[PDB]
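Caption: PDB structure containing motavizumab.
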Amino acid sequence: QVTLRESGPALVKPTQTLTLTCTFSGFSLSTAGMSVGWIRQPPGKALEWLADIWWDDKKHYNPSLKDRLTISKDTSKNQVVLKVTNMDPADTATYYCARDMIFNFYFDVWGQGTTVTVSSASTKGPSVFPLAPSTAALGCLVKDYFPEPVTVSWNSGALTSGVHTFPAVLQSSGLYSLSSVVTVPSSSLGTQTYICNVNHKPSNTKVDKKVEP
Amino acid sequence: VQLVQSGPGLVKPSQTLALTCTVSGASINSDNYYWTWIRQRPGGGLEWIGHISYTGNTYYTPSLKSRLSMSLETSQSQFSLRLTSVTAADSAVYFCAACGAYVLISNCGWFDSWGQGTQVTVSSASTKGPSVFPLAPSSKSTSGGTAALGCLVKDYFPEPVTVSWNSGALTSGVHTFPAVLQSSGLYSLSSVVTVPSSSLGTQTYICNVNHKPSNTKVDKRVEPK
Amino acid sequence: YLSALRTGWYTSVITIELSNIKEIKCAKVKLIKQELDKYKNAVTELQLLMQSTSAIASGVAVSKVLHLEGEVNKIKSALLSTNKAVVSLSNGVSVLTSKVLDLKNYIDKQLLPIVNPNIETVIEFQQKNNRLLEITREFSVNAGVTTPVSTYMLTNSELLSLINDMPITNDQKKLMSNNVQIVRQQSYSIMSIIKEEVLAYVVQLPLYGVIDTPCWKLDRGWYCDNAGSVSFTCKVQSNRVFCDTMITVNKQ
Amino acid sequence: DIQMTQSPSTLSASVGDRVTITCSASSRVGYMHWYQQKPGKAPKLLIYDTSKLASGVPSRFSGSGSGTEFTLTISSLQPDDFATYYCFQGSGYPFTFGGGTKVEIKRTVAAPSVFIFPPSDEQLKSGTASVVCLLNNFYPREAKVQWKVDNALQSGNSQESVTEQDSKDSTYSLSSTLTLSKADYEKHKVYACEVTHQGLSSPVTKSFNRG
Amino acid sequence: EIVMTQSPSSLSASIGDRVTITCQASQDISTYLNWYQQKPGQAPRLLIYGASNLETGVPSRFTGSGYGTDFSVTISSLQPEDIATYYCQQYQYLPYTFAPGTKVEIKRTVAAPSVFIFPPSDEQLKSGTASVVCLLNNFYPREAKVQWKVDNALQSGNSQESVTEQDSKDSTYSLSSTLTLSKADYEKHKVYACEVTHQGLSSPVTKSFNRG
């Protein structure tokens with residue numbers, strides 16, 4: 001089938017250029033009628049179309065971002081590059097790419113999406129602390145990282161039922177901290193191992209922590 | 001494809017010129033062949049006269065649109081050139097040309113087959129046979145192991161003169177100087193050959209003079225003392 | 001019933017840059033000179049067809065402006081680095097020109113070394129040359145004007161690149177793309193000229209200005225709304241009604 | 001250009017209730033499309049070309065409309081339909097999306113389970129302490145968590161994060177994180193978490209002793 | 001008619017050097033241009049056809065490039081066999097128009113001429129005139145000053161020099177100063193000398209014969 005995946009820096013320093021690349025497989029952009037678009041979504045707001053390119057190298061942009069947008073294709077690599085100059089505190093959004101066809105004007109196949117946060121800030125690391133139990137509940141705690149998001153899992157993705165991942169909340173010191181609890185049977189304590197897997201890719205740190213009473 | 005010409009070297013003014021060019025290596029009715037005439041001015045460059053296609057369509061340059069008249073003698077596989085009422089401005093070397101091809105979607109502009117060129121000089125004056133006087137080698141025309149010797153071509157009109165040594169057998173170390181216009185209205189040139197000084201008196205060295213404009217062929221032998 | 005009625009003609013010039021051939025006489029090369037004689041036999045059939053001098057009036061007008069001197073130089077130079085150019089002709093009209101094939105490059109780049117050979121190189125050439133053998137085969141029988149515009153006259157991938165660049169509305173590009181075989185049936189390919197290493201023919205695509213208006217069949221004819229009035233065979237397909245300006249078997 | 005106005009902005013209905021979204025445009029538009037975005041996930045094409053339904057989506061979803069008005073009708077709502085739906089147009093540039101309709105499930109009043117977690121020794125060795133009070137599986141969203149340190153109310157040092165609606169049971173989750181330093185933690189004794197919910201007739205209290 | 005412009009008018013480079021001759025055009029000629037080699041005395045010789053393609057038999061060091069109005073030909077290594085005159089010719093618009101051309105010479109080491117003098121042949125003296133031919137063979141560069149001295153008397157107006165084109169084998173020239181006199185004046189003198197002043201000579205050399 002068709003696949004798409006964005007790639008770019010998760011943290012931007014204000015006004016610095018933002019290079020985003022969307023690699024695709026399952027189809028060739030050189031085939032006539034094919035296209036690749038770009039859609040962003042700021043937190044709390046709805047979707048917003050950005051730009052798109054076509055197999056004939058025809059480009060169409062959004063008048064909301066006239067000067068900064070610049071798209072270009074690469075048939076020899078099955079990827080599309082999009083440069084967004086002069087980034088701004090309002091441009092924090094989850095950027096998605098998608099395939100488009102002239103036979104039907106919309107975006108049918110989509111990608112996972114990358115988060116780009118616009119801040120004069122220093123990259124942080126993961127601060128993990130357990131939540132011992134005393135049906136019982138347990139979980140983990142994260143602190144002062146940058147930026148959202150970070151993928152969390154329990155027992156290498158084996159523990160799924162009853163797992164909750166609370167969204168991160170900003171504090172007065174201006175960093176990030178969330179919680180991720182999981183409800184487990186009380187009899188399984190002491191016999192089954194519970195470890196929350198944290199992988200902060202924007203900071204490139206892999207931290208696993210064992211949860212025990 | 002080979003091309004050989006045949007024209008007059010001297011042509012009195014206000015008369016039509018009779019150039020010819022025979023085609024070999026390919027029939028004159030060959031496909032995609034535009035038989036072209038081109039002359040070259042003295043001291044300057046070339047000038048396109050015009051061509052005549054294998055079909056028979058002729059295109060003449062707009063400066064000579066009314067004076068040209070190219071022909072196709074298929075029975076002899078040759079094409080000719082005719083220039084009406086020649087003046088002193090038409091004196092040049094006339095080259096025969098052709099344009100071979102295979103697929104023609106543009107013009108036929110390349111020329112791979114050329115001709116030797118007919119030195120056509122137009123003047124009311126008459127011709128003159130050349131004067132061949134040998135430049136004999138001596139103890140002053142030597143220098144170590146070599147000896148210089150030649151023969152002088154004097155008093156002739158008009159150009160050119162074909163000089164051959166031993167009927168084309170000797171071609172190394174030969175220098176034929178450009179023609180020189182003397183005091184009268186007659187050209188003159190010298191043709192000297194360098195030869196090892198130990199071979200004189202033992203080998204025959206005869207210079208051949210050939211002047212087509214006046215129908216002349218002279219054989220003059222050179223020898224020491 | 002919806003609609004899709006024609007109001008005008010979209011004119012365009014399609015070019016196929018050919019290559020001049022010089023002297024070429026020199027197992028694996030046995031099949032080269034055979035497909036080479038077909039290229040010679042095809043380019044001469046186009047020139048001899050050109051020797052002979054009111055529905056497609058707007059299209060043929062361009063074919064007689066291309067005959068003017070230097071106009072071919074305008075197009076041949078426009079498609080220097082790409083395959084799509086718009087040129088203001090002598091009449092001041094800007095026509096769209098697309099260079100479909102580049103036989104001028106394929107012959108001077110790959111056949112000059114060998115003739116003046118790998119068996120893999122012989123394979124692709126027969127396909128690039130066969131299209132010319134077919135475009136000439138179609139132009140030779142329909143007397144310069146063929147319809148519908150076949151695959152060889154304009155492939156599936158090249159008609160879309162034309163409709164995408166067509167100065168028309170947005171949804172109609174979605175309409176014509178889904179009904180390309182209908183657009184072809186209402187098009188005209190017009191052979192123009194052959195000279196200066198260029199093969200150009202004028203393709204005339206239909207312009208649908210009337211869409212999504214009520215229409216009804218069955219006075220044996222069709223009836224479509226048009227600016228408060230109703231007009232009058234029409235090539236119908238599914239719910240779409242295609243027509244131009246001048247047993248109701250199965251059940252669904 | 002072409003602006004979209006999606007209504008309602010927020011609708012709540014029970015499982016199996018017919019729900020229709022109305023999305024009108026400014027100018028005349030030929031085709032209208034629809035999308036579904038689960039929380040965090042990328043959008044998914046639901047309805048394409050006004051009425052036709054995309055693959056990978058049950059026949060539960062249906063659409064209709066033309067011109068300047070379009071509707072998206074759900075036959076019977078499902079707990080897995082909790083998402084934010086959009087209406088997108090591809091008839092003109094620039095490409096524009098709808099306003100954003102976030103649908104919530106109507107659910108029986110669920111009583112939550114209250115937990116409490118003291119700070120770990122690893123955090124105390126760093127100089128900070130964070131007591132987390134857990135809420136899980138309740139309905140509706142209305143819930144008040146008032147911390148009490150030695151029978152004294154706390155404010156300004158507690159933060160609450162709410163989980164989005166679950167797609168299986170349509171319940172919520174809350175985690176109130178009380179933030180203090182290491183000095184102010186070893187200064188008091190008990191630490192309680194008072195929770196008041198609509199399903200709880202009386203506020204349940206969970207507490208402990210330091211050490 | 002199209003006006004063809006070529007640059008430069010004359011150049012000179014060492015052996016194995018890189019030469020680049022540009023051909024400026026009036027209007028657009030597209031891919032239609034022809035380069036021609038013409039060694040003195042020979043007919044034109046086709047080198048480049050269609051701007052960038054090469055003629056069969058041309059060495060592997062001649063490159064063509066250019067489209068429209070700006071064209072250029074390049075030689076990878078200047079060889080002694082390339083000393084000729086090069087023109088560029090168009091053929092899209094009728095009539096075909098040639099260029100002025102470019103004469104190409106080769107820079108080499110200093111060569112000194114060998115002086116051989118010849119007395120007037122007895123066959124010429126019968127006619128009543130006489131001619132003394134002074135030969136300067138194989139020298140470089142071209143500049144040479146020859147002045148006859150009959151019995152230590154400078155002769156002017158009766159001497160005629162003749163310089164050949166630069167040779168294609170060793171890049172050397174040849175000069176032949178012919179001094180024409182009459183039988184009456186010839187038999188009235190005894191010494192006939194040919195003074196040669198060239199760059200490759202630390203002192204002027206003169207080869208003279210007696211018995212005149």
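To find a chain, count down the sequence lines: A is the first, B the second, and so on, and within it residues start at 1. Recorded method for this deposit: X-ray crystallography, 4.1 Å. We use all heavy atoms of the structure for the numbers below, so side chains are in, but hydrogens, waters and symmetry mates are not.
All instances of motavizumab together account for chains A and D.
The chain sharing the greatest contact count with motavizumab (chains A and D) is, according to UniProt, Fusion glycoprotein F0. Counting only heavy atoms under 4.5 Å, the other chains near motavizumab (chains A and D) are C. Considering heavy atoms only, the chain of motavizumab (chains A and D) with the most pairs under 4.5 Å with chain C is chain A. The molecule name assigned to chain D in this entry is Motavizumab Fab Light Chain.
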